[PDB]
Amino acid sequence: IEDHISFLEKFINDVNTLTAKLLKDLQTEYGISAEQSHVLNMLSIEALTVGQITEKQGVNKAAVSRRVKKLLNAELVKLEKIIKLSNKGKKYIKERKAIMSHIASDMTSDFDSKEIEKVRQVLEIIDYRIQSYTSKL
Amino acid sequence: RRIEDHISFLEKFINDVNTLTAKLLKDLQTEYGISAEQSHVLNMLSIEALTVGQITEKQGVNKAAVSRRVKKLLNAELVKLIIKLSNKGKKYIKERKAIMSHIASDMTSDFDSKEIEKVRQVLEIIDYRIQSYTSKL
Ligand SMILES: CC1(C)S[C@@H]2[C@H](NC(=O)Cc3ccccc3)C(=O)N2[C@H]1C(=O)O
Ligand SMILES: CC1(C)S[C@@H]2[C@H](NC(=O)Cc3ccccc3)C(=O)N2[C@H]1C(=O)O
Ligand SMILES: C[As](C)(=O)[O-]
């Protein structure tokens, strides 16, 4: 009931650890922090204003702008002004998706699609509200 | 790509949760004189008293980093060197649970506890498989 909150934190921590482990080599090849790598994955989902990314990243606006500016200096991201992945940022994300999808489908292979669907619906509602809350104060 | 769609959504969901949390806890962190990342090491330590190496490979980050955050926490007296929490660190974690609890609660008080629980059940196995996978590396 609050232990649900604790569990979600444990789960997130573990996902993050797994990702950090599965993406170790790749992020070195590109010389990118998980911090930087995260924004690309973020932009991989859809384009974004530079002001919009600040809102969907939460921490200091200044921290996020520097990271975006840093991904521009590396030419992994490009302009319109909107911010989108460069052809190079795109190749990185394909390799990232390649790995993540590989293990992800290994881990859910005994799951019937309809079990995952219903679980995904409930999380979407929660993702929705999370975003609305985030939108307000 | 069916699954690949589920990872993207999962990636977006986790980023949204982290963004909310950061916004929700910014003042408490500031009141205790710490940064988000320091507060993170603190929540982990609430899970259990871990040593330096443990917190480094878990979060999956470089050398100086973790140690640096831990030196700052021990100078702020929120930790007790192993590395454990202190009455003041324990107080912070408590204040954080309360905030996260009211918020999680008011964002899920219309759900079926049977609905929340089949969801928790599916995620616990995925956490369990993530965890057993991370052992292999
Ligand atoms: C506003 C920020 C969140 S962003 C600013 C800067 N960010 C960096 O990453 C420092 C840096 C610059 C170039 C290369 C490496 C690191 C730095 O450090 N930063 C933060 C601050 O001082 O409040
Ligand atoms: C790998 C991380 C643990 S670092 C990023 C940020 N870190 C934090 O410490 C935020 C935080 C605030 C309060 C309690 C826990 C974590 C946060 O949230 N984080 C995870 C991420 O998605 O990268
Ligand atoms: C101009 As480009 C880095 O999107 O091929």
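Each chain gets a letter, A, B and so on, in the order its sequence line appears, and its residues count up from 1. In what follows, every heavy atom counts, from backbone to side chain, and hydrogens, waters and symmetry copies are set aside. Structure determined by X-ray crystallography, 2.5 Å. Atoms within each ligand, like the ligands themselves, are counted from 1 in listed order.
The drug candidate or drug found at ligand 1 is named benzylpenicillin. Most heavy-atom contacts to benzylpenicillin (ligand 1): the chain the PDB entry names Transcriptional regulator TcaR.
Going by heavy atoms, the other chains that come closer than 4.0 Å to benzylpenicillin (ligand 1) are A. With non-hydrogen distances under 4.0 Å, the site around benzylpenicillin (ligand 1) consists of A:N60, A:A62, A:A63, A:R66, A:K70.
The nearest heavy-atom contact from the protein to atom 23 (O) of benzylpenicillin (ligand 1) is A:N60 OD1, 4.2 Å. Remark: minimum distance from atom 6 (C) of benzylpenicillin (ligand 1) to any protein heavy atom is reached at A:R66 NE, 4.0 Å. Of all atoms in benzylpenicillin (ligand 1), listed by their number and element, those nearer than 4.0 Å to a heavy atom of A:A62 are 1 (C), 4 (S). Per-atom contact check: atom 12 (C) of benzylpenicillin (ligand 1) touches the protein, criterion being a heavy-atom distance below 4.0 Å.
Residue A:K70 places at least one N or O, backbone or side chain, under 3.5 Å from an N or O of benzylpenicillin (ligand 1).
Distance check for atom 4 (S) of benzylpenicillin (ligand 1): a protein heavy atom is found below 4.0 Å. Taking a distance limit of 4.0 Å, we find that atom 9 (O) of benzylpenicillin (ligand 1) is approached by some protein heavy atom.
For atom 20 (C) of benzylpenicillin (ligand 1), no protein non-hydrogen atom is found at a distance below 4.0 Å.
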Which atom pairs, nitrogen or oxygen on both sides, join benzylpenicillin (ligand 1) and the protein at under 3.5 angstrom?
residue, atom, partner, partner atom, Å
benzylpenicillin (ligand 1), 7 (N), A:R66, NE, 2.8
benzylpenicillin (ligand 1), 9 (O), A:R66, NE, 2.7
benzylpenicillin (ligand 1), 9 (O), A:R66, NH1, 3.1
benzylpenicillin (ligand 1), 9 (O), A:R66, NH2, 3.3
benzylpenicillin (ligand 1), 9 (O), A:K70, NZ, 2.8

